[PDB]
Trainee: 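Below you'll find the structure I mean.
Shown for chain A, in order and in the PDB entry numbering: 28-287. The analysis underlying the following values was restricted to heavy atoms, covering all of them including side chains, and did not include hydrogens, waters or symmetry mates. First listed ligand is number 1; within each ligand, the first listed atom is number 1. If you check the header, you will see the structure was determined by X-ray crystallography, 1.8 Å.
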Amino acid sequence: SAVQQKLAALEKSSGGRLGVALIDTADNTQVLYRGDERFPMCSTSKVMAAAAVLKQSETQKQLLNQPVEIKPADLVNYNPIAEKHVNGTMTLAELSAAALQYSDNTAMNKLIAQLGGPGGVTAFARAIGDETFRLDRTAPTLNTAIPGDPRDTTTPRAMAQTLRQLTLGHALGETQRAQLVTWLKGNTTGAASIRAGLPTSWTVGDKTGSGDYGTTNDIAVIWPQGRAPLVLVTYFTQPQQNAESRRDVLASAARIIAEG
Ligand SMILES: *C(=O)[C@@H](NC(=O)[C@H](N)c1ccccc1)[C@@H]1N[C@@H](C(=O)O)C(C)(C)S1
């Protein structure tokens, strides 16, 4: 098709490996590029950890208000929010917001501990029908993004289908789904990614991710005013371990997609 040629064109211009999946929920049609390929999710896996805690909240109604200690042993490479509350507590809602809207790695690890380990995150993915997602490690080592390593990976197709079920479908409760949607709106880390390639009149909820080998990821759910919603997944990784981030590729992929 035409979109596949331009996506393949910008992948060649980038020197890396692009993975794209858009779900057009108007006709339930799909446009995919390397859609069944394994990519490191990096911090985009935090959506699955936040959604899994939200699923736990459908029986323990008062769970997001439960305080959780933050103390020096908990801090790792990048903790923009949990750094402010060391030797204090942080409720599971403020850690979920820190993980989604600021990509706080300590918040992720607290989300992972609440679920009983990374196997508890993968469990929730299998329960909602995702057989491809797998979380193996905690932050920050889940961002190693070594080529060929199946650890902490998924495919663009699977993550787009899952993100549709979480934010648009009914894999979560309505109070849970509205909370995750409201969280993805408040994201502060995706200005130069998928958002930069979409019309400004388009409201977007997204979660970014980045790691070694220049991995630059972004998953988004998009609501054009007057039109049926879209979910977009753009994964990108590079051959050099020390490669720099390429958020511009993610914006250009979304621009090629938005022209459809
Ligand atoms: C997940 O993607 C996280 N990335 C890391 O922990 C990497 N070790 C790292 C890469 C680059 C700079 C700092 C740490 C966090 N999520 C990224 C993102 O959302 O773009 C991040 C750069 C904010 S860190």
Trainee: Which drug or drug candidate is found at ligand 1?
Mentor: ampicillin (open form)
Trainee: What is the name in the PDB entry of the chain with the largest share of contacts to ampicillin (open form, ligand 1)?
Mentor: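 Most contacts: Beta-lactamase.
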Trainee: For ampicillin (open form, ligand 1), which residues in other chains have any heavy atom nearer than 4.0 Å?
Mentor: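 The heavy-atom binding site is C69, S70, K73, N104, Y105, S130, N132, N170, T216, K234, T235, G236, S237.
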Trainee: Does this PDB entry show a covalent bond joining ampicillin (open form, ligand 1) to the macromolecule, and to which residue and atom?
Mentor: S70 OG
Trainee: Please report which non-hydrogen protein atom sits nearest to atom 5 (C) of ampicillin (open form, ligand 1), along with the residue it belongs to and the distance in Å to one decimal place.
Mentor: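 Minimum-distance protein heavy atom for atom 5 (C) of ampicillin (open form, ligand 1) reads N170 ND2, 3.1 Å.
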Trainee: Numbering the atoms of ampicillin (open form, ligand 1) from 1, which are under 4.0 Å from a heavy atom of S70?
Mentor: 1 (C), 2 (O), 3 (C), 4 (N), 15 (C), 16 (N)
Trainee: Counting non-hydrogen protein atoms only, what is the nearest one to atom 22 (C) of ampicillin (open form, ligand 1)? Give residue, atom name and distance.
Mentor: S237 OG, 3.2 Å
Trainee: Near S130, which atoms of ampicillin (open form, ligand 1) are under 4.0 Å from a heavy atom of that residue?
Mentor: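 Counting atoms of ampicillin (open form, ligand 1) from 1, those under 4.0 Å from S130 are 15 (C), 16 (N), 19 (O), 23 (C).
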Trainee: Within ampicillin (open form, ligand 1), which atoms have a heavy atom of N104 less than 4.0 Å away?
Mentor: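 Contacts of ampicillin (open form, ligand 1) toward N104, numbered from 1: 6 (O), 8 (N), 14 (C).
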Trainee: Looking at atom 24 (S) of ampicillin (open form, ligand 1), what's its closest protein heavy atom, distance included?
Mentor: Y105 CD2, 4.0 Å
Trainee: Source organism for chain A according to the entry?
Mentor: Klebsiella pneumoniae
Trainee: With a cut-off of 4.0 Å, which atoms of ampicillin (open form, ligand 1) are near a heavy atom of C69?
Mentor: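 Ampicillin (open form, ligand 1) atoms under the 4.0 Å threshold to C69: 2 (O).
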Trainee: Enumerate the atoms of ampicillin (open form, ligand 1) whose separation from the nearest heavy atom of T235 is less than 4.0 angstrom.
Mentor: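 Selected atoms, number and element: 18 (C), 19 (O), 20 (O).
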Trainee: Check ampicillin (open form, ligand 1) for close polar pairs with the protein: N or O on both sides, less than 3.5 Å.
Mentor:
residue	atom	partner	partner atom	Å
ampicillin (open form, ligand 1)	2 (O)	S70	N	2.8
ampicillin (open form, ligand 1)	2 (O)	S70	OG	2.2
ampicillin (open form, ligand 1)	2 (O)	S237	N	2.9
ampicillin (open form, ligand 1)	2 (O)	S237	O	3.0
ampicillin (open form, ligand 1)	4 (N)	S237	O	2.9
ampicillin (open form, ligand 1)	6 (O)	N104	ND2	3.3
ampicillin (open form, ligand 1)	6 (O)	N132	ND2	3.0
ampicillin (open form, ligand 1)	6 (O)	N170	ND2	2.7
ampicillin (open form, ligand 1)	8 (N)	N104	ND2	3.1
ampicillin (open form, ligand 1)	16 (N)	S70	OG	2.8
ampicillin (open form, ligand 1)	16 (N)	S130	OG	2.7
ampicillin (open form, ligand 1)	19 (O)	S130	OG	3.3
ampicillin (open form, ligand 1)	19 (O)	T235	O	3.4
ampicillin (open form, ligand 1)	19 (O)	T235	OG1	2.8

